Every structure is written in structure tokens, then in C-alpha cells.
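Just below is one structure, and these are the notes that go with it.
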Amino acid sequence: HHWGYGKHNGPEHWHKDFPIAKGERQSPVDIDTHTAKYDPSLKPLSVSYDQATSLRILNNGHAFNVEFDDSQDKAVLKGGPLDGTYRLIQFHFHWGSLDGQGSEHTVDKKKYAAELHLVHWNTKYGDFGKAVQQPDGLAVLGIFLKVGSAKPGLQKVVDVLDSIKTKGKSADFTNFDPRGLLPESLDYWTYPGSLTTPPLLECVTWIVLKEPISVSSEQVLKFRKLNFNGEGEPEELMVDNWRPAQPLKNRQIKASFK
Ligand SMILES: NS(=O)(=O)NCc1csc2ccccc12
Ligand SMILES: [Zn+2]
């Protein structure tokens with residue numbers, strides 16, 4: 001009986017095994033655009049994914065992860081609210097059963113069809129495991145997805161999902177360039193938060209881009225063909241794998257733009 005997104009093991013149940021679920025800096029949160037304040041101390045955001053090396057894609061029973069080789073200083077995120085260099089380790093998405101829902105963060109309560117999370121760990125900590133024991137160990141770049149025109153840079157991901165339909169399946173996935181998933185603008189909101197899935201560790205500096213990327217209905221429909229279950233088990237479509245907005249508590253969301 002482990003965590004998931006169903007009625008009996010979903011978000012409202014996680015606190016039992018992970019008490020920090022009711023913590024002081026949980027994610028995601030609703031981004032009240034009028035309450036967010038422009039911050040002049042933020043440095044320009046720098047996303048350097050030119051040397052990124054993807055290795056494989058995996059269905060972990062919650063979402064699918066595109067993992068990268070982070071043994072060297074390649075794909076890195078720095079600047080903005082970040083001090084130092086954060087290295088890309090993997091990315092995944094959260095999506096809904098319908099286009100009207102799916103994202104984790106919301107903007108003035110508006111839910112997008114999906115949300116992309118590019119996960120990075122602070123290199124000052126040596127590795128991902130050590131980073132998640134720190135208050136500033138991680139940086140997650142979140143990007144909203146809306147349904148409209150297709151996103152060319154996403155098709156390669158969409159086309160390999162058939163090979164990892166069920167929990168536990170993985171497939172080689174080299175030479176994928178994550179630059180093809182970024183919107184034109186890097187304007188963003190930032191705040192201190194947590195991982196949105198158990199263990200819900202509060203080690204994240206969130207950077208959520210204001211501009212969403214457009215993906216086609218056909219592309220997101222394929223996300224919804226994935227399974228939460230493993231091979232040979234009853235089919236439970238992988239949809240609505242998002243956690244709802246959590247209490248902002250003692251936090252301020254800062255904007256990189258005016
Ligand atoms: N949705 S999320 O990125 O906030 N958390 C998802 C996640 C990324 S790396 C990692 C490692 C262990 C458990 C969960 C996770
Ligand atoms: Zn996520």
C-alpha cells in the first residue's frame with residue numbers, strides 16, 4: 001500500500017507516511033500574480049543545456065523520467081535566485097485526465113494541462129543524495145504546458161512512450177536536447193519549496209516560468225495512454241498525477257520581471 005494519486009493513497013493520504021507533507025515550505029503553491037513582487041536582487045537566469053547528455057527514459061509508476069548523465073558539469077542552471085551551479089539530473093511531467101487540469105503550480109488559481117519539471121542539484125554538495133539533505137540542495141525549473149500547436153522538441157519523447165507503457169519499464173534515450181522544451185521567455189516566479197511527491201523534502205528553490213509552452217492535443221493524449229500499473233496488471237491510466245496547491249504560509253513569491 002504505497003503512495004500514489006488514487007482515492008486511497010493520493011495527496012490527502014501522504015502525510016501519514018511523510019509528516020512533512022503539512023510542513024512550512026511545501027509545494028506546489030498557487031502563484032498570486034498581484035501579490036508576487038519584482039525583485040531587483042535577482043541575477044539574470046542562465047540555462048545552459050547545450051552539452052546535456054540524456055541516457056534513458058523510465059516509467060516509475062508515477063510519471064516518466066528522462067534521466068541525464070550528471071557525472072560532469074554539462075547541463076547547468078545558475079543565476080536568478082541561485083547561488084552557485086545546479087546540475088540537471090532528470091525531467092518529468094505531471095498531467096491531467098482532461099486539458100482543464102494537470103499542472104501542480106497554478107497562476108491566479110488557473111490550472112494548465114500539464115507541467116514540466118527539470119530537476120537540478122547544487123554541485124557544492126557533491127551529489128543528488130547529499131543535496132536533498134540541504135535547504136538549498138535543489139532547483140526545479142517548472143514550465144507550464146497548454147494545449148494548442150504541437151511542440152516539435154517534445155515529439156521524440158512522445159514517440160518512445162509506447163515502449164515504456166507500464167511501471168518499471170525503461171528504454172535507451174540518448175541525444176535528447178531539452179532546449180527544445182523551453183519557451184521563448186525566461187521571465188519567472190521563484191520561491192522556496194519542496195519536492196511535490198514523497199518524500200516531499202523541503203530542499204527546493206522553485207523557478208516557474210511565466211510563459212507556457214504549447215503542445216498538441218495528440219501529444220498530451222499519448223501521455224494519457226501510459227499506465228500507473230506494471231505489466232500484466234489491470235490497467236490504471238496514468239492521468240492526474242499532480243499534487244494540488246499547498247499553503248503558502250510564511251513565504252513570498254518573487255518575480256524576475258516587472
Ligand atoms: N515533482 S518534483 O520534481 O517536485 N519531485 C519529484 C522528484 C524529482 S527528483 C526525486 C527524487 C526522489 C523522489 C522524488 C523526486
Ligand atoms: Zn515534478
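Nothing fancy with the numbering, it's 1 onward along the sequence. Read the numbers this way: they start at 1 and go in the same order the structure lists the ligands and their atoms. The header says X-ray crystallography, 1.8 Å.
- The molecule at ligand 1 is the drug JNJ-26990990.
- Counting heavy-atom pairs under 4.5 Å, the chain with the largest count for JNJ-26990990 is, by its name in UniProt, Carbonic anhydrase 2.
- Residues with a heavy atom within 4.0 Å of JNJ-26990990: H92, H94, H117, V119, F128, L195, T196, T197, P198, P199, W206.
- Within JNJ-26990990, counting atoms from 1 as listed, the ones closer than 4.0 Å to a heavy atom of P198 are 13 (C), 14 (C).
- Neighbours of JNJ-26990990 among the ligands and ions, at a cut-off of 4.0 Å: ligand 2 (zinc ion).
- In terms of polar-atom proximity, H92 is counted as a contact of JNJ-26990990, with an N or O under 3.5 Å from an N or O of the ligand.
- The protein heavy atom nearest to atom 4 (O) of JNJ-26990990 is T196 N, 2.7 Å.
- Numbered from 1 in the order shown, with element, the atoms of JNJ-26990990 that lie under 4.0 Å from a heavy atom of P199 read 13 (C).
- Counting only non-hydrogen atoms and rounding to 1 Å, the UniProt active-site residue of chain A nearest JNJ-26990990 is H62, 8 Å.
- For JNJ-26990990 and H94, the ligand atoms under 4.0 Å from any heavy atom of the residue are 1 (N).
- Residue, atom and distance of the protein heavy atom nearest to atom 14 (C) of JNJ-26990990 are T197 OG1, 3.3 Å.
- Most of the residues of chain A within contact distance of JNJ-26990990 belong to the UniProt domain Alpha-carbonic anhydrase.
- Per the entry, the source species of chain A is Homo sapiens.
- When chain A is restricted to the residues UniProt lists for Zn(2+) binding, the ones with a heavy atom within 4.0 Å of JNJ-26990990 turn out to be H92, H94, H117.
- The substrate-binding residues of chain A named by UniProt that have a heavy atom under 4.0 Å from JNJ-26990990 are exactly: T196, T197.
- The nearest protein atom to atom 10 (C) of JNJ-26990990, hydrogens excluded, is given as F128 CZ, 4.0 Å; this is a heavy-atom distance.
- Bonding summary for JNJ-26990990: no covalent bond to a chain.
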Return a table of N or O atom pairs, JNJ-26990990 on one side and protein on the other, at distances under 3.5 Å, rounded to 0.1 Å.
residue	atom	partner	partner atom	Å
JNJ-26990990	1 (N)	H92	NE2	3.2
JNJ-26990990	1 (N)	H94	NE2	3.2
JNJ-26990990	1 (N)	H117	ND1	3.3
JNJ-26990990	1 (N)	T196	OG1	2.7
JNJ-26990990	3 (O)	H92	NE2	3.3
JNJ-26990990	4 (O)	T196	N	2.7
JNJ-26990990	4 (O)	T196	OG1	3.4

